[PDB]
Amino acid sequence: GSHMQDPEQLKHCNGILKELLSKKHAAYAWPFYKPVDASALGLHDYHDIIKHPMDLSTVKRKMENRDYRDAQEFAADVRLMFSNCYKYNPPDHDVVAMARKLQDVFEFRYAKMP
Ligand SMILES: Cn1c(=O)c2c(ncn2CC2OCCO2)n(C)c1=O
Ligand SMILES: Cn1c(=O)c2c(ncn2CC2OCCO2)n(C)c1=O
């Protein structure tokens, strides 16, 4: 059920999303800007292992289309994106190091939900 706080909380989520996409974090956020192109990268098992792909461009489209009804739904998608990275890649892979840094940006600001 929708709560009167949902629009304001979604604005906070949109602000986080803008930050994740901003130049400030680009050095480690860039792998997450677009869907994993498994075939281009030679990752021919990616879609057998990752059943629910997610990335920041998809989160952005869902936010712009008013798909997310509340902050929790938004956060589940952002976390899904990171979890897919941790599931597919060895934990010492550089993309995992980048995911951990971007997730730290996300979690600390999500925790500041007004
Ligand atoms: C392959 N590769 C990128 O694609 C990239 C990048 N730094 C940023 N990006 C992403 C680019 O910025 C705007 C959206 O695409 N670097 C260092 C890189 O190696
Ligand atoms: C999330 N994600 C990527 O974005 C990715 C990738 N393999 C390549 N890329 C694109 C870029 O190349 C070097 C760092 O990320 N994998 C396995 C992955 O999980």
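Here the PDB entry sets the residue numbers for chain A, with the shown residues being 341-454 in order. FYI, side chains are in, hydrogens and waters are out, and symmetry mates aren't considered; it's all heavy atoms of this structure. All ligand and atom numbering here is 1-based and tracks the order in the structure.
As for ligand 2, the drug there is doxofylline. In this PDB structure, UniProt names the chief binding partner of doxofylline (ligand 2) as Bromodomain-containing protein 2. The 4.0 Å heavy-atom shell around doxofylline (ligand 2) contains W370, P371, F372, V376, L381, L383, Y428, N429, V435.
Interface of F372 with doxofylline (ligand 2), defined as ligand atoms under 4.0 Å from a residue heavy atom, comprises 1 (C). Among UniProt domains of chain A, the one with most residues near doxofylline (ligand 2) is Bromo 2. The entry attributes the origin of chain A to Homo sapiens.
Between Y428 and doxofylline (ligand 2), not a single N/O pair is under 3.5 Å apart.
Below 4.0 Å from doxofylline (ligand 2) sit no other ligands or ions. Looking only at heavy atoms of the protein, atom 19 (O) of doxofylline (ligand 2) is closest to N429 ND2, 3.0 Å. With hydrogens left out, the protein atom closest to atom 7 (N) of doxofylline (ligand 2) is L381 CD1, 3.7 Å, a heavy atom.
In terms of protein heavy atoms, atom 12 (O) of doxofylline (ligand 2) is closest to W370 CH2, 3.8 Å. The atoms of doxofylline (ligand 2) that sit less than 4.0 Å from any heavy atom of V376 are 1 (C), 2 (N). At a 3.5 angstrom cut-off on N or O pairs, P371 counts as close to doxofylline (ligand 2).
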Distances for all N or O pairs of doxofylline (ligand 2) and the protein under 3.5 Å?
residue: doxofylline (ligand 2); atom: 4 (O); partner: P371; partner atom: O; Å: 2.9
residue: doxofylline (ligand 2); atom: 19 (O); partner: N429; partner atom: ND2; Å: 3.0

